[PDB]
4 protein chains.
Amino acid sequence: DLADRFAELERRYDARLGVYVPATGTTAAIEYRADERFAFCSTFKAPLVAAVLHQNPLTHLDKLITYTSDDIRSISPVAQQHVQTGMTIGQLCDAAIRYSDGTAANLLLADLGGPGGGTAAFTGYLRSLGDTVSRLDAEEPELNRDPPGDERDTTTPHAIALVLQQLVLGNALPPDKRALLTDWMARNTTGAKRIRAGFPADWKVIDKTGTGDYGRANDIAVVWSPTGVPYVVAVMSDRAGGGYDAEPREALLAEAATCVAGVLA
Amino acid sequence: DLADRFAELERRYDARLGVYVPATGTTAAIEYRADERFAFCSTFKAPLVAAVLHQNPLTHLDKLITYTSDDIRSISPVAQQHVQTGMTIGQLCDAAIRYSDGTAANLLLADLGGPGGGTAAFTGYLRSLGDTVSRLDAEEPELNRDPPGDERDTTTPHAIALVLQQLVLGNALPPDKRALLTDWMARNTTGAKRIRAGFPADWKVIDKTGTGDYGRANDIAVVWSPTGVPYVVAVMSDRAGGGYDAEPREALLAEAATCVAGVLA
Amino acid sequence: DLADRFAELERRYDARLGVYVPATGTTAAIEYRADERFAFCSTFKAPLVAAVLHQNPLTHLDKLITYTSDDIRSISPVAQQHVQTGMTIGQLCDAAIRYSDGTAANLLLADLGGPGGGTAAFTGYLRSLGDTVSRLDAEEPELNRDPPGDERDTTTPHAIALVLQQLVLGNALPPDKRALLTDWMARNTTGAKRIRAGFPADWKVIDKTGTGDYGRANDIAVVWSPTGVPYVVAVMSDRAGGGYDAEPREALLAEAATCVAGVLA
Amino acid sequence: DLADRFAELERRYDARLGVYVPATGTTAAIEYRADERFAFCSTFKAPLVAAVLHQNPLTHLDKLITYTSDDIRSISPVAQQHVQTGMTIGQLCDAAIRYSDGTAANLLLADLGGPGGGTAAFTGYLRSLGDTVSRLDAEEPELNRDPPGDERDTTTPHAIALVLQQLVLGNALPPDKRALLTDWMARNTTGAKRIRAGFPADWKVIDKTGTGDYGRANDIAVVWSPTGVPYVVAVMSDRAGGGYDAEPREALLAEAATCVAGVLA
Ligand SMILES: *C(=O)/C=C/N[C@@H](C(=O)O)C(C)(C)S(=O)O
Ligand SMILES: *C(=O)/C=C/N[C@@H](C(=O)O)C(C)(C)S(=O)O
C-alpha cells in the first residue's frame, strides 16, 4: 500500500523510481520496481573498493600508483590534485567513495586487472557474492551515459541492496577490512540531499551516491535506528524519457526515503 | 494502513497513543484516538500566552509582576531566578513557552483573572476559538497529576490541534501578535527528543511539550515541509496502567512523528 | 603588538577582554589582561567534572542521583527532563559540560560534599592543581551575578588556562578518565559562535563556555593545528560598566580568536 | 610585524611566498614580495573568462565550439567528456574556472583570437585594466613549466590582486556579466585546501587556484568578513632551488591566509 505513494511521487517528479529494502528479522521487504534495471552510475564504486579489499592484503593499500594527465577523463576532485605525487591504493579507495572520484575508480578497476580494464573482473566479483543480475561493461565516464533500454552498466535495487548487505552487515569481508569500507561510506560527502535528507537526524546513515545523464540519481545506503537496528535502503531513479540532458531530481530520493522511514519506525 | 502502526507502537511502549493531524487542502486527516481525552499537562501554556496577547495591548507585555518565594510551586527554572527583581508579562510569556516554567504559567493565569485563579477565563478563551471539549480546572502543578478517567485538565488531540491551527496558521491573532507566539515556540528548548526528533531536519518544527505523571508525554507542533507546506501535528500519550509513577516514553512520540512524516511526504 | 588589536576590539565592542594562551615548546605566551579577574560563569563546570572524576572510580559514574522539582533553580535543559527518573553521575557530567546544565552542576558539587554544598571542596581541588587565584563561593545561579569588582566566583585567564592544560594535555587525570572529559568537551553544543567560530575548520576545538549578567562571556578551549600541535586559549569578557542587563557580545570572542589563530599559524 | 611570520613560513616550507591584500578604506595594504613575479599558472583563467564576457554579448555564450581529441593537451576533466558533442562558450567558461580545465582555457584563448592563439589579445585586455606588469605568452600546458627567472607567463601578487578587485568589486564588467564570473568562482572545486582552508568558515571565499612545476601554487581570492566587508587576497608561492620536480605545498597558502585573517579581524 506504500506503492501508491511511490507511484504518486513518480508522477510528481516525471521520473521512474526503484526502491528495495531487504527484509529483516522483524519487518518485511519493501519493493518498488525492485527487479527493474537501473544504471549503476557511481554506486558501483562501493563494491569496487570491497573487491580490491577482498583480493589483497591490508598492506596492498600502501602501494603507490602514478598516473598521467591523460588519465583524468572524468570529474576527479582528488586525483586531479595529485598527478605529480601519485596516490596510494588506499587514498584511491578513500577518493572513489567519499568524493565519487571518477579517475580513482578507473585506476582501482585497473588494479583488479583483466579484460576490459577490470570490468569483467568486477562483474565476476559481484557473481561470487551471489549477484546474478548486475554487470559493468565500461569505465568512467562512459558508463553513466548508456542509452535507456540498454542493459549495460546496470544493476537492480534488489541486487545491489543484497550486495551492500553482505559487505557491511554480512561476512563477505573480514572485520578489519569491513571497518574500512564502513568508515569511508560514513564520511561520504556527496549524499547530504538524498537518503540522508529523508531520514531523521538520530538515524545513522552511510551511503554511496550515483548520478548520470537521463536524470539518473541513485543512493544505496545502510541506516541504523536510534535503538540500533540496521536496514539497507536502495533507491534508484532516472528520467530517461526526458532525454539525455534531463536534470536529476534529488528531492525524489529524499522524499522516498522519508516514506521508507515511516514504515521502518 | 497507518492505524496498525500506531497500535503497534502502543503495544511496544506499553502506552496509549493519541494522534491528530488536521486535514489540509492536499492531504487527508490523520486520526488515532483523536477524540479521546488526554491531559493538557504543559501544552496549555501555548494557548495561555495567546490568551494574554488577545485580551491585552502589546504594551501590556512591559507590565512588571512581582512574586514571593511562596509562589514558586512547580518546575520554575526562570521564575526562581527573579524572585527579588520580578518579571514582566513578556518574560513570563517567554519563560512559560520556551522553558515550560510552571510559576510563569500560574502568574499568566492570574493575569487572565477571575475564578479558580484564571482557569475559568482560560477555558472561556478556549470556547471562543470553537473548542467546547477542553477544560482547565487546576493550576500548576496539580493539573499534571489528575487520576486517569477524570475529565479535569484534559484536552484531545483533535481539540488541541485545531486550536493551534487557528493560533499559528489562522486569524485568531493579529499578525504582530501572531509572530511573538511563533518565535517563542520556534526557539523552544524542551522538545528536542519528541516530534522534532521524528521529522527530517529540513522540516521546520515549532512545538510546545507537556509532561506529567502516569507516563504522560505530549507534543503539539506546527511543521513545514521542505517546500513550505504547513501541517499541524498533535501527539499525546500516557501510561495509566503502569500507575502513578510510570515513566514517560519520549521515544514513542518521536516514533509516531516519523510515521506521520512518511505519510505527509 | 597583538595587544593593539585587542584594545581596538575592546573599544569597538564596549567591553573588557581577557586573553591567555600558555607558551608551548616552540611559541611564546599570549597575554592580555591575563592576570585580571573575570567571573567564572559556567567555565567552572569543566574542572568540576574533572574534580569528580579524580575523586572517584569509574564505576561511580553509574550511581543514580535523584532530585526534586525544587532543585531546578536555573537553566537545566537536561535535568528538567529527568526529574521523575533521576540521572546518573555520568549523565550529570555530560549535561553540565555539553549543555551547561545548571542543576547538573549543583548536584555534581554536592557529590564532592563539604561546606557550601561543595564549593570549598572545588576550590581545594583547584589548589591541588597549583591554582592559587581562583575561587568558587556560590552555586548556580548566584555565581553568575556577582557585582563587578567582587572577587567571589572569579578566576583569571592565566589561572584557568593552566588548569585546563593539566586536565587535557597534562597528567592531572589517568588516560581513561582524561579521554572522558575530552570527549564531552569535544561534543559541546553551547560554543559554536565563540572560539570555534574564530578558528579555521581544519583546526580541532574543544571548549567550555561561560555566560552571565554584566555582559559576561567566556570561552576556555584547547585547540589543535592541522598538523597536531595543541594550544590552550582562555578568552573572557564582560561589559560591567554597561550595567547588570548588558548583553554579552559573542562576536568579540570569535574575533579575538581569529587574532590568536593568525599568531599561532 | 607580519612580515616576520611570512619569512618564517618561507623557512619552514622551503618556498618563496608572495602575498598582497589591497588596502581598503579601513585597513592598510598587506605586502610580501608583492611586486615580485610569480607564474600565473591557472589563475589567468579567472581574468580570461572576464575577457570573453567583456567584449562579447550574453548570446555569445551559447555559441557551440567543436574540437578534436588532438586538442586535449592538459588536465581537462570536462573537455574530455564532450569531444563528440562539443561545448559552448558558457560551458567552457564554467569548466575553465570551477575545474581549472586546461583545454577549456585554450579554447577560450582562441576565442579571443589573434597572435599566439589569443595570448596577445589577453595581455592586451589586462593592460586595459591598468596591469602593465603581467603577460601571458604560452598556452596550456606550456605556461605552467617556464624556468624560474623567466618573465614569460608571469604576474605579481600586486598586479593580480587589483585586476581581480576591479573584476569582482569594481566596474570592469556590467552587473549581469559580473555575477556570472562571481558565481563560477564561488562554486569552485579546486581550492578547498588553500585560502578557503585558512579563513574561518563564517567568511565567504571565492577563488581561482593555480598549480605548476617548480612547486608553484597560487590562490587569488575575494573574501567577505562575517559583517560584509570584502577584501582581495593574492597568495602565490613556488619552490625554485628545489628543482623542476619540487612538490607544491598547499599548507603554506592556508597558513599564510590564516595570518592575513588575524590582521583583518
Ligand atoms: C559515477 O559514476 C558518477 C559521477 N557523476 C557526476 C560526477 O560527480 O562526476 C557527473 C554527473 C558529473 S558524471 O556522469 O561524471
Ligand atoms: C554559565 O555560564 C551559565 C549560564 N546559563 C544560564 C543560567 O541559568 O545560569 C543563563 C544563560 C540564564 S545565565 O547567564 O545565568
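By convention in this document, chain letters (A, B, ...) are assigned in the order of the sequence lines, proteins followed by strands, and residues within each chain are numbered from 1. Atoms within each ligand, like the ligands themselves, are counted from 1 in listed order.
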- Item | ligand 1: macromolecule with most heavy-atom contacts, named per the PDB entry |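 Most heavy-atom pairs under 4.5 Å are with Beta-lactamase.
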- List the drug name given for ligand 1.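 That would be sulbactam (bound form).
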- Chains in contact with sulbactam (bound form, ligand 1) (heavy atoms under 4.0 Å):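 By heavy atom, the other chains are A, D.
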- Query: What residue and atom, if any, carries a covalent bond to sulbactam (bound form, ligand 1) in this entry?
  - Reply: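 The covalent anchor is A:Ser42 OG.
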- Message: Could you help me out with the residues around sulbactam (bound form, ligand 1)? Anything with a heavy atom closer than 4.0 Å counts.
- Response: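 Heavy atoms within 4.0 Å: A:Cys41, A:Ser42, A:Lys45, A:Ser74, A:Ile75, A:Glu140, A:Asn144, A:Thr211, D:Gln81.
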